[PDB]
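Read through the structure below, which is laid out as structure tokens, and then see the notes.
Index from 1, following the sequence. Per deposition record, electron microscopy, 2.9 Å. Counting starts at 1 for both ligands and their atoms, following the listed order.
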Amino acid sequence: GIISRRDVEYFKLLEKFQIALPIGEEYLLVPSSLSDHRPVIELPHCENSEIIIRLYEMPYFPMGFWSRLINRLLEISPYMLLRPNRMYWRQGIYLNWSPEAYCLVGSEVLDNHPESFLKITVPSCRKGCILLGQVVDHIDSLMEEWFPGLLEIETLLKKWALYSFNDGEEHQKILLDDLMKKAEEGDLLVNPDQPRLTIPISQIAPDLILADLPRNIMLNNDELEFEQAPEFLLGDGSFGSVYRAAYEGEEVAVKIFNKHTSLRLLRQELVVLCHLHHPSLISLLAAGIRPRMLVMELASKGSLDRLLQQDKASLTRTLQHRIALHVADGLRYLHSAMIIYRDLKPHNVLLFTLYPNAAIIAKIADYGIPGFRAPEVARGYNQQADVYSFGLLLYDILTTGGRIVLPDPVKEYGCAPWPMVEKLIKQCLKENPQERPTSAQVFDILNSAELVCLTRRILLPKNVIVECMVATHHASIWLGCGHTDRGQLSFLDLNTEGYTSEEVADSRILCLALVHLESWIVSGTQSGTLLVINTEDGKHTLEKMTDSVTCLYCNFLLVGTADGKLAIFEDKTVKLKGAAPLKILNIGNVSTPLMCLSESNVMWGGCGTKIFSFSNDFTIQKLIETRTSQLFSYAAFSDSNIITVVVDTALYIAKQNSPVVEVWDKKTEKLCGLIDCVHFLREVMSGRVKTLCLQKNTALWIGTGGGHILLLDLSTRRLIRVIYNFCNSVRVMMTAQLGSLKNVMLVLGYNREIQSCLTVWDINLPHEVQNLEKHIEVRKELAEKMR
Ligand SMILES: Cc1ccc(C(=O)Nc2ccc(CN3CCN(C)CC3)c(C(F)(F)F)c2)cc1C#Cc1cnc2[nH]ncc2c1
């Protein structure tokens, strides 16, 4: 019946309907028209004491039983804890690795017995015990799943173990139920007529004592301090018969299979557990038969369902993200092994620590022992149903309480916004299973520090573009717009998203500043008018500048004009109409606009291609011509006007249309280094620098014209991260306060008719990137170590 693949070559359907059943080496089984007889098999051993014989007496073989059985047994291996010499018949299969590892499963007929028999013969060794365990597990699973009713009341199905007291005698039979009772009564089978003739109950039925367990899984009863009492019940009724106990000095959870059809459920759960080695799944420590027992690791902090209602204060954003990441990792692990977690809910998620930075926080458990079902599950599993269950779990994690005690999580429960988690919840809850992401995709989405550190994403009205923005030093943003010839001043409320606007100037508003005394906002427009508007009262003008006001800084107020001039006002001066600046001075010329200013005190500034510096005297101290960096940079980049200067210990200079950020020494006035943004972007796959912002906690934020954010570590200037997929062009970037001591970075980006957006990032984004990468590496190392 064996047919080569090339002689037949769809195949998945052939496997489904028991047509192909691939063997290996491009060979198909095709049970139909096989040898139909026993092809003379001589076993390595022929004595009673060297073999184990297990008999299944049945009234008949069900149709399709042997084909499915052989398909199941084709994958057996004693090393799954050499290539076998496989042989096939229609009703049987023979495997042979070695004289110490073989398995003969085949049909059998007794004299004067109409009933059919299935005989399993293995060597009397550990490998033979493992093979026997696998074979009987496969047979029992097959009968449970494909042929129910042959098991219930029995149904003339009997299981026998064949034994003898002396080599050379004929095998006697004992039912597995009677032998199971004797196994609890003792460890020996006794000849009723001659007590002197004794055999071990094991090694004729070694699967009844779990002798095929891995060496590290066998119970050491000398190390187990376990008492079965309701005082030690775990979850005062939950989790079923789960008890607290001590094993090898550590507190563990103990599941009891007593008072039921034990050694079938226990063996099934062992078959499931022993091949699952994953950091996100609860780990099996031991198993036993004296009481039918599973000993697993104990979760110190209980389950997630109890935490979501009792200790809501502990659910920080980092802890929630780590719990979600661990659960998604566990689901990916289960789905990669073709294993389905049917019912996932907060009750099934165990917590080991509440420390957000721990390597292991959450694990998935399925104890013994509704509204957490996919529509196709509720109406009627599938991996998409598990993805839907994970979406529900992530919704429950995101919301404070709610369902555990769908509508929009933020409006209904308060639930401070988590923009990139709500999108994942929406994707995971799609009704059509084929549109839902896979568990690997879900984990890949959650494995992103952009997901953690993205706090808000506010979208402005269409075709309204914003030239400048300034935040009140107190979640209120003033915007100077330029989508018109008459400049407009807008106000955006970042707590309750709300946009208002008003036209205040004849020309576009190029820059904004806040003067705090009373508080006022100075708008510098293209015509040069400095329009000072009260921040509490509605809509003064200061002395008009000779050209466009290109920068405003605010102590004093500094007005850098496009004419290369710097005007200096006192805070009390700007309060009155038409007041002249305290000073005016020339650093550049008509063609060299004063385009940036910064503080570090000493006031640095960038005008044309020059870095100028000044102290309280308002006189120029240092003039550094950056043009010379053409010797190290490219000429067209170093000849461009400086658009922003950032100073902490060295000057960081960005130039117009230039993808290179220059680093200059404050003391020697010499070029310290160059940062090539195109080089960094090519590692991920424009580069022109538009914004340049500094985080004092060791980070440089570079906004590019292609909508990317380069996070650099200003120590050897290594690349921390590249953030993207949020806009098409970064236009403004600045640090701000949203209240409640929340430090944020506001990125005004563009989605180009034109859709401009304001994105809020947590100030600890580089630290979160590094921490998440280290966490993922540690978890990967753990998964590799577990095998
Ligand atoms: C004592 C105990 C025994 C067993 C388990 C267990 O989960 N077993 C288990 C079984 C199956 C599966 C996977 N199957 C595959 C297909 N199936 C259809 C679906 C899933 C999983 C896997 F994990 F792989 F999904 C785990 C947990 C505990 C426990 C405990 C404990 C520990 N500490 C605690 N503290 N408070 C309470 C508490 C409770």
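Lab note: of GZD824, NVP-AUY922, MK-1775, OTX015, AZD4547, drug at ligand 1 is GZD824. Within 4.5 Å of GZD824, most heavy-atom pairs belong to the chain that UniProt identifies as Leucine-rich repeat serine/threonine-protein kinase 2.
Mapped onto UniProt domains, most residues of chain A near GZD824 sit in Protein kinase.
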